[PDB]
Amino acid sequence: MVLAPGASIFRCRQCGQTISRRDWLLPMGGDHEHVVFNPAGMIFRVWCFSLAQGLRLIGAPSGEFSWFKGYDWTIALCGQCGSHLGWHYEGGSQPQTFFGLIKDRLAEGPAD
Ligand SMILES: O=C1CC[C@H](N2C(=O)c3ccccc3C2=O)C(=O)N1
Ligand SMILES: [Zn+2]
């Protein structure tokens, strides 16, 4: 516990929608940070979270190109502005589900 913490909540960088919390970071494979690339060669610094809110999960899951063995992904947009914030992963084991969010698309700041 700290008084007046400034690194508590992650919001959408583009609009401020509440998305996640530092307390919910999830060390997948021993690290909450996973640096990965997609088939279009884009590099993402992905932070894994157990939980997130304020997103909209688009479509149905796919296992194609999944960065996390045993998980299928759905695109996760900011539910307010539509910014692509990351992916929701499901269908796996321990945990069954989690979120992989793009670190530089979030803003971190004080609690609400
Ligand atoms: O775990 C994942 C999530 C999605 C992701 N990915 C993308 O970022 C992407 C962009 C364009 C076409 C196809 C893909 C897809 O598989 C990817 O490569 N792995
Ligand atoms: Zn947003």
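Chain A is numbered as in the PDB entry; shown residues: 13-124, in order. Hydrogens, waters and symmetry mates play no part in the numbers below; they use all other heavy atoms, side chains included. Looks like X-ray crystallography, 1.4 Å, at least that's what the header says. Just follow the structure's listing: the first ligand is 1, and inside any ligand the first atom is 1.
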Chemist: Quick one: what's the drug at ligand 1 called?
Modeler: S-thalidomide
Chemist: If you rank chains by how many heavy-atom contacts each makes with S-thalidomide, which has the most, and what name does the PDB entry give it?
Modeler: Cereblon isoform 4
Chemist: Report the part of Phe77 in contact with S-thalidomide, treating N, CA, C, O as backbone and CB onward as side chain, heavy atoms under 4.0 Å; options are side chain, backbone, both, neither.
Modeler: both
Chemist: Return the closest protein heavy atom for atom 4 (C) of S-thalidomide as residue, atom name and distance.
Modeler: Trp99 NE1, 3.4 Å
Chemist: Side chain, backbone, both or neither: which part of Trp85 has a heavy atom under 4.0 Å from S-thalidomide?
Modeler: side chain
Chemist: Starting from atom 2 (C) of S-thalidomide, locate the nearest protein heavy atom and write down its residue, its atom name and how far away it is, to 0.1 Å.
Modeler: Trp79 CE3, 3.3 Å
Chemist: Does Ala52 have a heavy atom less than 4.0 Å from any atom of S-thalidomide?
Modeler: no
Chemist: Which S-thalidomide atoms are under 4.0 Å away from a heavy-atom of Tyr101?
Modeler: 1 (O), 2 (C), 3 (C)
Chemist: Taking 4.0 Å as the limit for heavy-atom contacts, which would you say applies to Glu76 with S-thalidomide: side chain only, backbone only, both, or neither?
Modeler: backbone
Chemist: Nearest protein heavy atom to atom 6 (N) of S-thalidomide, by residue and atom, and its distance?
Modeler: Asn50 CB, 3.8 Å
Chemist: Among protein heavy atoms, which sits nearest to atom 14 (C) of S-thalidomide, and what does the distance come to when rounded to 0.1 Å?
Modeler: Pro51 CD, 3.6 Å
Chemist: Which residues in other chains are near S-thalidomide, meaning a non-hydrogen atom under 4.0 Å away?
Modeler: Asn50, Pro51, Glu76, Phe77, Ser78, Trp79, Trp85, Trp99, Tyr101
